[PDB]
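Sequence positions for chain A are given in the PDB entry numbering; the residues included correspond to 235-723, in order. Order of listing sets the numbers, starting from 1, for every ligand and every atom in it. Structure determined by X-ray crystallography, 2.0 Å.
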Amino acid sequence: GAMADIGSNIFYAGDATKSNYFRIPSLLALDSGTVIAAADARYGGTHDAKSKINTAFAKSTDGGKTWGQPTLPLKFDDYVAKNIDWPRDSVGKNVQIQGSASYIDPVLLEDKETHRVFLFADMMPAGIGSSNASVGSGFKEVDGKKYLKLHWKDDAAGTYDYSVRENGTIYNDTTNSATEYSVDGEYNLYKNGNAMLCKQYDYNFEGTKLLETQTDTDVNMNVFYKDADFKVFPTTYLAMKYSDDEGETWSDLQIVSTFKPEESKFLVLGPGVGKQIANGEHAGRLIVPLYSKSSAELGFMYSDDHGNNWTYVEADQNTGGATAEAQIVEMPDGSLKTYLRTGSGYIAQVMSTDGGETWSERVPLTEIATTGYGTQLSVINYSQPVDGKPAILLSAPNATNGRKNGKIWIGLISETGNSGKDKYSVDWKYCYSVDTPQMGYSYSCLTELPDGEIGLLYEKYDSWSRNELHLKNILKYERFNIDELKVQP
Ligand SMILES: CCC(CC)O[C@@H]1C=C(C(=O)O)C[C@H](N)[C@H]1NC(C)=O
Ligand SMILES: [Ca+2]
């Protein structure tokens, strides 16, 4: 590293998370000027779920110069958290942990009006990822109310005759009667008030074989685990916790995906950050992007009551389940513009004028080259005008083969003199090249730091390629002043 690269990683092999690998950056400057970040702590190489992944978190209280040790606010204990080198040979590289639960793909959002920070992540039961998730919500209705459903070990396969009801009391739904079992606020199981326990797994390679084996370490038996007497429906869930002390402590685990459509396979986060609307009637509305294999691809969840209740919106009718990861910016009057990945070989744009309740048709963005699978992008508002115009910024790779050639762009917003979704246009005037065109560049997250500089946390390799799996120390943090970025090539 150069002098300029000192301090250019927040999370790294050897830090407090005990992970050798990381992916999926999230970076967010708080209204206090505290700056925070989160990423996946991918213990089992860089694989997506199924695997063993916890959500890591870290804070800077000097404007994003300096970063404290990381914490793990969303973590599962069914398999141990340890530093391990994942094989990168031609056979071993493909091997994933088969039996762990996982938190994956974070989103950070602050409510400025209460000063509350929300951390969201996808929540995967044991041995589950997007690709083997079962179709369904994971909840049942009993007399109209939604309860998390559960499979007792000695019931028939696919049979969920039990539910988590008030106080965490587990009920038998065929008889409608409370059992002697319950869950606590961590979703750990209890029998007649006693903590139920199971053996933690360790994982070790012998050659290219991954041996997942019990240790003698006891942990709390959790309904998300492979070895639980009661087990959740094996679909994807949305998890959230909030903090009122800038990440010093977290609230109890929330499973917020009660709205998961019954016809959906997966419903997951567009990682990065969410948005709080600043202007218009709905200033203070919290909105978070989602996508699904369902009736719809692109979706959102929003809250009008400071995060207590969330509404799900579908933004299209696509049943294809493409990887429609999105990030959202706001126009000067409070309307919203969302940029998203597609499975169509371009980045797309959609608009809402009612604060995220309804969305226009997808409009391709021709300025940026991408692959047919796409990559996640980061888009943010900037608080200072640029050339006297309102400004947004976009980070993304810029190539048609591979994840490489990262740019940061500056888009200047103009009134076109038209009414609805057509009220504004974006001039992508500036395009800054992060590195040499062949250097890898995948997922990224921008934030505006309190001094008006731009922070960036990004994947400095190609995270799609099967030949760049299981690299260490590829999550890079850089800072730029706005004049550096005002490049026209
Ligand atoms: C969700 C489907 C999609 C299938 C390729 O995977 C996403 C692609 C990713 C990618 O293109 O690198 C990273 C995301 N972490 C992953 N999401 C999940 C939930 O695993
Ligand atoms: Ca309001």
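The chain in largest contact with ligand 1 bears the name, in the PDB entry, of Anhydrosialidase. As PDB records put it, the drug at ligand 1 is oseltamivir carboxylate. At 4.0 Å, heavy atom to atom, the residues around oseltamivir carboxylate (ligand 1) are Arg257, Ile258, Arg276, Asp282, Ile338, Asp339, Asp356, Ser364, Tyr525, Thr557, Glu559, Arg575, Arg637, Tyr677, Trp698. In the entry, the organism recorded for chain A is Ruminococcus gnavus ATCC 29149. Atoms of oseltamivir carboxylate (ligand 1) lying under 4.0 Å from any heavy atom of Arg637, numbered from 1 in the order shown and given with element: 10 (C), 11 (O), 12 (O).
Residue-ligand proximity, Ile338 to oseltamivir carboxylate (ligand 1), at heavy-atom distances under 4.0 Å covers atoms 20 (O).
In terms of polar-atom proximity, defined here as any N/O pair under 3.5 Å, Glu559 makes no such contact with oseltamivir carboxylate (ligand 1). Counting protein heavy atoms only, atom 18 (C) of oseltamivir carboxylate (ligand 1) is closest to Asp339 OD2, 3.7 Å.
Among protein heavy atoms, the minimum distance from atom 6 (O) of oseltamivir carboxylate (ligand 1) is reached at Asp282 OD2, 4.2 Å. Set against the non-hydrogen atoms of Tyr677, the atoms of oseltamivir carboxylate (ligand 1) under 4.0 Å away are 8 (C), 9 (C), 10 (C), 11 (O), 12 (O), 13 (C), 14 (C). The atoms of oseltamivir carboxylate (ligand 1) that sit less than 4.0 Å from any heavy atom of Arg276 are 15 (N). Residue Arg257 approaches oseltamivir carboxylate (ligand 1) through these ligand atoms, each under 4.0 Å from one of its heavy atoms: 10 (C), 12 (O), 13 (C). Here is the list of oseltamivir carboxylate (ligand 1) atoms found below 4.0 Å of a heavy atom in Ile258: 15 (N). Taking a cut-off of under 4.0 Å to the non-hydrogen atoms of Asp356, the atoms of oseltamivir carboxylate (ligand 1) that pass are 19 (C). Residue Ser364 has at least one heavy-atom neighbour below 4.0 Å for each of these atoms of oseltamivir carboxylate (ligand 1): 1 (C), 2 (C). The distance criterion of under 3.5 Å between nitrogen or oxygen atoms is not met by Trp698 with respect to oseltamivir carboxylate (ligand 1).
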